[PDB]
Q: 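Take a look at the following structure, please.
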Number of protein chains: 4
Amino acid sequence: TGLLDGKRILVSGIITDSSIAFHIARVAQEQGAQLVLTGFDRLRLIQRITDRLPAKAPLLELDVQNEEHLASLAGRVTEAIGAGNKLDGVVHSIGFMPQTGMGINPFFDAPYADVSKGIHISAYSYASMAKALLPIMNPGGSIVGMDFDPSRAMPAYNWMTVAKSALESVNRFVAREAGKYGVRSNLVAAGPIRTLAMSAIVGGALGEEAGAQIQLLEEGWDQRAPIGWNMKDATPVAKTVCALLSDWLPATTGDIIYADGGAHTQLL
Amino acid sequence: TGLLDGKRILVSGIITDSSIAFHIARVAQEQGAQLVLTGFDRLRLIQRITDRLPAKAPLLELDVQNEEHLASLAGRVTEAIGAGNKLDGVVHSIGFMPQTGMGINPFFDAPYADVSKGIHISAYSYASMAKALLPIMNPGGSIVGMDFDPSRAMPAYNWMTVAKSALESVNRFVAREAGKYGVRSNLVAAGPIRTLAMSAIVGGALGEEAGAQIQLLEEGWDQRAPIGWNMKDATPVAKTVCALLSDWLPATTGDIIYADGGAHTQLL
Amino acid sequence: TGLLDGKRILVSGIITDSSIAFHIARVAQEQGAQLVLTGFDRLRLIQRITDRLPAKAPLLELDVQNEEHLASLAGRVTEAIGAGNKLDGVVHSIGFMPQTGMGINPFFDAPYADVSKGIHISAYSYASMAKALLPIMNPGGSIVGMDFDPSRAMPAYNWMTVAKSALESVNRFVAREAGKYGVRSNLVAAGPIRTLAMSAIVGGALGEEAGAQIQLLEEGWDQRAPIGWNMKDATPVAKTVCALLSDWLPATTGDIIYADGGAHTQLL
Amino acid sequence: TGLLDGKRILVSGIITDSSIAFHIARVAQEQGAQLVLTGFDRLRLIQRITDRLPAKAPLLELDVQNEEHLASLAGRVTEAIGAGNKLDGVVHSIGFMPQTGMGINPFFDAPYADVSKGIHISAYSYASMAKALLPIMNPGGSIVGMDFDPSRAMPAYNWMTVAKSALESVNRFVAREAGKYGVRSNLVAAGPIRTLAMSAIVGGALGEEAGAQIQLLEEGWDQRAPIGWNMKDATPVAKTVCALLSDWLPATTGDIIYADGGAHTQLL
Ligand SMILES: NC(=O)c1ccc[n+]([C@@H]2O[C@H](COP(=O)([O-])OP(=O)(O)OC[C@H]3O[C@@H](n4cnc5c(N)ncnc54)[C@H](O)[C@@H]3O)[C@@H](O)[C@H]2O)c1
Ligand SMILES: NC(=O)c1ccc[n+]([C@@H]2O[C@H](COP(=O)([O-])OP(=O)(O)OC[C@H]3O[C@@H](n4cnc5c(N)ncnc54)[C@H](O)[C@@H]3O)[C@@H](O)[C@H]2O)c1
Ligand SMILES: NC(=O)c1ccc[n+]([C@@H]2O[C@H](COP(=O)([O-])OP(=O)(O)OC[C@H]3O[C@@H](n4cnc5c(N)ncnc54)[C@H](O)[C@@H]3O)[C@@H](O)[C@H]2O)c1
Ligand SMILES: NC(=O)c1ccc[n+]([C@@H]2O[C@H](COP(=O)([O-])OP(=O)(O)OC[C@H]3O[C@@H](n4cnc5c(N)ncnc54)[C@H](O)[C@@H]3O)[C@@H](O)[C@H]2O)c1
Ligand SMILES: Oc1cc(Cl)ccc1Oc1ccc(Cl)cc1Cl
Ligand SMILES: Oc1cc(Cl)ccc1Oc1ccc(Cl)cc1Cl
Ligand SMILES: Oc1cc(Cl)ccc1Oc1ccc(Cl)cc1Cl
Ligand SMILES: Oc1cc(Cl)ccc1Oc1ccc(Cl)cc1Cl
Ligand SMILES: Oc1cc(Cl)ccc1Oc1ccc(Cl)cc1Cl
Ligand SMILES: Oc1cc(Cl)ccc1Oc1ccc(Cl)cc1Cl
């Protein structure tokens, strides 16, 4: 086919070629889809990275803490894909949390401004991002954001866990909004993946103990995952997303798909 | 081209032109997949029904309560798709619970021996069928079974619920077995679909009030469903089965996918 | 004798004679527990309200958005229950979300800065309150907070839902912290209770159709509830909080207990 | 009090003084409650064990695979507690599975008769047990059975996992039945406990590998459990049950309480 053939999808979240958003972006192109991209803080420095990709993309500035960039989103996206033209997808592949809310830093010593910043970026934005892009989105289309399963507590994810719990809650509201448009809204709970927002994360060897709470993460997840799990390889999470963007899951919304190797279904 | 070009796939459970398996076989085929089919005791019935599929495909007896068929089955399947050629997909769309287990019939009056039969056919069969079909499956291959969200109580479903709770659990284990061969196990939790048997209960064959309980229950999927649910269109669900059978969710096994238009994620 | 003979217990959140905390303080007391109480900015209001409790008990200002109260609080609590005497129980019955976050107000139009306030007060406060009160707690002691089942979408609750999703997650971590001191953390997921603010929304202060949405939603707890649910009787819920504060669930922490008459376990 | 004061509760499942049912039985007596007991296969040999207990008990034969013993249950129980006298509780502390369905024995090599036997005993019976005893049970009373969390697959629990998934499904039906009587019905998902149906289980050193998948179980669960977990000590699971029998959780049914040290809420 080109499983995303002719489809016109925006893809947020890139900042290196180890970014998952990069990998969704790649696969979506391998597969048919004229793209539009967003980046946060040097674009300059990103365009170099989005170049590294098969086909090419209008790449627009977007800082999701900016009321001013969101108000315009819809504007700019129509410039760049043409007029009388709407989007068929959207990828929220964005997140962030102060070092304070994460790693060995005690849980109680994060002050709320720090956490607020996390939630806003990792949580709220899925909803701004849908408020801005649904008006220019077609029937039978799709939004996807990237989750990491927060049902259970764990060490190191600390307050990011709490943001991800809020993400899932948001996601199902946004589905209720999106469905007035014929749009689906779903997350992809992914298994762990080698991106430098991880070697931030616990990170940075804030440890030497942290060659460890990363090796043992990769062993952990591979052991539990009935089909095994490769932390060096985003393409299984990226193919799973293109699936949601696809029409082949036309009756799932409000929902969370786990591309984690079925590790979450096993206790050990 | 799209989804299944090349893939050989068993598909259980055809009994009517309206059976969920049938709409699975159809879509499988229109997506370039060559099949073997199974069916249970009304066999030349099944051949008339399966003649209305796009491609012909062979068809084999298979009552999952009988070991001489289970034993014999990889034998017969190999035989109808050619020696040293193996199966990339398998679909159990099978299920049964004596009427004693269901509707208006009091919950406490189902004899264990009716309940043991429904659990045999609806839940244990998924394993016994995996046991037998895994020797002729192929890496990156896919088994998918049919589910109804058993995770909470409801009118009518009664002890089919309890079987579906058993299946969700069998499936995790089956994944734990199937990963040995590079094979995913997964269920698809569908919304209600107006099969024949359901056109009959809506039409009053269980009584002029039994049919109302089922109707308010039934009817509130669409009301809950962010993108609606139409129970007289099985296509979204068959489309969902193909997604699992495809290479496009390779990091999910052990799990359940909700093809219920989103409703299981909303309260009202 | 029964439940709490001997136990010293803080209990947040009294604002009305109908507040869920109040019916908690009452039952705590009738069960032989000596208390300290907190409240927020309508302070001599709180003293008239708390005069109708069986025993007197002291009362302290505590707005959880302010650090000089949080800092100061174990100071003040120690002071009102006597030096080298510590707390066996703690109750957060606190919660707020601007009206922009709720009812008929469109989901996408709540400004992050309203959402960050509701999450501050409803969810982050549970940690910041544990941080401060754990130094003066005692082994086998108990913290319990108030929840509403946020695990799926619904009309009205909107972004309070998203906060409650955050709380369920904070609570797991707080347990992970509190176990350091032989202290359980747990939430109680209540059914709806006709507090004052809710007698007002049922009575139409959000509009002659906003009040209907809430009524069909509200009303179907009792219909779902295997043992009924009466929202103008907060006693079962206060009774439930005491169970947690008691020695009689010592192997449960991190968790949520559903005091909703069973309804969250049934579909219809 | 005697938190179960004056209360009249039947307690099934004893066969040694390491049985959990033994421990619930003890604590319920420590606490006020005239008991009635059931045992399975030498009673003879059990009465010696139920003697070991504080106060004393009518101890009745009950093999839950016997249509004949259930038909009589209600009869015998009224002989033994007097007439114009009903029960206020019931403890399903019973289970069983063929060696075949458990341990290193492959999952696929259990034949269905074996599993049927498991489900019947571990699953169905909660429901026969409520069908027989609700007719002689009072308003505001309670039934409890013992769960071990089956949401995730794991090794060794094999088909017992599947029975426990069916138990939870059953439990919420039985609650729907029980509530016509004012009766609650709930499970207690317990953490692991040293009982000789465990050193059956994997068991019997069917291993030497099995000093191990038991030490590592005890280490596992203690590590994850924010308040720590002692596998040599049933009393925390037993106090949790008496709690359900109590009136202090008067608004929970259909439900599952976890007395596992909050290990299930943590991933690690
Ligand atoms: N790394 C993993 O194993 C993993 C696993 C599961 C889920 N996730 C989630 O998947 C998503 C992708 O993360 P990733 O690991 O590819 O890391 P990444 O660092 O490559 O991506 C993070 C992105 O968020 C962007 N970002 C930060 N603030 C922004 C803002 N204010 N506005 C717009 N974009 C902003 C950054 O520019 C960056 O592109 C995130 O939600 C992450 O939490 C990651
Ligand atoms: N119909 C729905 O709305 C719905 C919703 C969710 C899940 N499901 C599930 O989908 C599956 C199919 O049901 P359907 O809707 O296609 O109804 P159906 O009646 O068309 O399918 C049932 C199949 O089970 C077969 N069967 C019973 N005993 C058998 C045996 N011993 N050996 C082989 N086959 C046997 C029937 O012959 C038929 O082929 C079942 O799992 C059902 O529980 C159906
Ligand atoms: N009412 C229900 O039907 C219901 C159901 C489930 C959960 N809950 C939860 O129970 C809790 C109590 O609500 P309620 O029903 O008792 O309503 P309420 O209005 O009586 O209680 C809210 C409390 O939060 C306080 N508050 C707000 N901001 C504060 C601050 N900065 N510092 C200290 N206190 C502050 C209020 O003053 C009051 O004391 C909340 O968690 C609520 O979300 C209520
Ligand atoms: N041992 C544990 O760590 C653990 C943990 C969680 C849950 N559980 C569950 O708690 C419950 C108590 O088990 P336990 O470990 O105390 O083991 P146990 O062997 O002491 O109790 C098992 C009981 O089931 C009874 N039983 C077997 N067949 C019976 C029948 N046909 N009719 C009536 N009774 C019958 C036996 O006589 C025995 O009393 C069971 O459901 C078990 O699965 C046990
Ligand atoms: O959520 C994640 C989960 C995993 Cl296992 C790995 C990376 C993840 O993503 C992040 C974690 C922390 C920050 Cl500050 C930013 C991002 Cl994107
Ligand atoms: O699981 C199901 C759920 C729904 Cl809502 C509708 C039909 C279903 O499927 C069955 C129900 C009862 C029997 Cl006897 C056989 C089957 Cl296939
Ligand atoms: O009718 C139903 C409707 C729903 Cl939504 C769920 C279960 C139902 O019950 C049945 C489904 C199939 C068969 Cl054959 C018999 C019965 Cl009673
Ligand atoms: O969480 C709740 C759930 C329900 Cl059904 C009813 C009341 C609740 O509590 C609140 C809702 C909104 C605000 Cl602003 C403050 C509080 Cl305390
Ligand atoms: O009204 C409600 C009823 C339910 Cl069952 C759940 C949430 C509701 O919404 C509210 C609860 C409290 C406040 Cl102050 C405002 C609103 Cl809109
Ligand atoms: O369910 C259990 C879980 C654990 Cl960790 C320990 C014991 C358990 O209980 C049983 C396990 C197997 C058999 Cl054959 C009988 C029983 Cl009572």
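Sequence lines map to chains A, B, C, ... one by one, in the order shown. Note that chain A is numbered according to the PDB entry, with residues 2-269 shown in order. Chain B residue numbers are taken from the PDB entry; in order, the displayed residues are 2-269. What you see of chain C is 2-269, where the numbers are those given in the PDB entry. Chain D is numbered as in the PDB entry; the shown residues are, in order, 2-269. In each ligand, atom 1 is the first atom listed, and ligand 1 is the first ligand listed. Reckoned from all heavy atoms, side chains included, excluding hydrogens, waters and symmetry mates.
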Q: Which macromolecule does ligand 10 make the most contacts with, named the way the PDB entry names it?
A: Enoyl-[acyl-carrier-protein] reductase [NADH]
Q: Can you tell me what they call the drug at ligand 10?
A: triclosan
Q: Any idea which other chains come under 4.0 Å from triclosan (ligand 10), counting heavy atoms?
A: D
Q: Show which atoms of triclosan (ligand 10) fall inside a sub-4.0 Å distance from at least one heavy-atom site of D:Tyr158.
A: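 Every atom of triclosan (ligand 10) under 4.0 Å from some heavy atom of D:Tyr158: 1 (O), 2 (C), 3 (C).
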Q: For atom 17 (Cl) of triclosan (ligand 10), what's the nearest protein heavy-atom neighbour? Residue, atom name and distance, please.
A: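 Sorting protein heavy atoms by distance from atom 17 (Cl) of triclosan (ligand 10) puts D:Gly96 O, 3.8 Å first.
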Q: What atoms of triclosan (ligand 10) come closer than 4.0 angstrom to any heavy atom of D:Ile202?
A: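 Within the 4.0 Å cut-off of D:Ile202, triclosan (ligand 10) contributes 11 (C), 12 (C), 13 (C).
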Q: If you have a sec, work out which protein heavy atom is nearest atom 15 (C) of triclosan (ligand 10) and how many Å separate them, to one decimal?
A: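 That would be D:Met161 CE, 3.5 Å.
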Q: Which triclosan (ligand 10) atoms does D:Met98 reach within 4.0 Å, using its non-hydrogen atoms?
A: 14 (Cl)
Q: I'm curious how triclosan (ligand 10) sits relative to the natural ligand site. Which residues UniProt lists as binding substrate in chain D have a heavy atom closer than 4.0 Å to it?
A: D:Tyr158
Q: Run the contact test for D:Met103 against triclosan (ligand 10) with a 4.0 Å cut-off on heavy atoms, strictly below, and give the result.
A: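 It does, in that a heavy atom of D:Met103 comes within the 4.0 Å cut-off of triclosan (ligand 10).
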Q: Where is the nearest protein heavy atom to atom 6 (C) of triclosan (ligand 10): which residue, which atom, and how far?
A: D:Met199 CG, 3.8 Å
Q: Which UniProt NAD(+)-binding residues in chain D pass a heavy-atom distance cut-off of 4.0 Å to triclosan (ligand 10)?
A: D:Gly96
Q: Among all protein non-hydrogen atoms, which one is nearest to atom 7 (C) of triclosan (ligand 10), and what is the separation to 0.1 Å?
A: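 Here the closest protein heavy atom is D:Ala198 O, 3.4 Å.
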Q: Report the binding site of triclosan (ligand 10) using a heavy-atom cut-off of 4.0 Å.
A: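 Non-hydrogen contacts come from D:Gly96, D:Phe97, D:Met98, D:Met103, D:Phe149, D:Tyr158, D:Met161, D:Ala198, D:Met199, D:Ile202.
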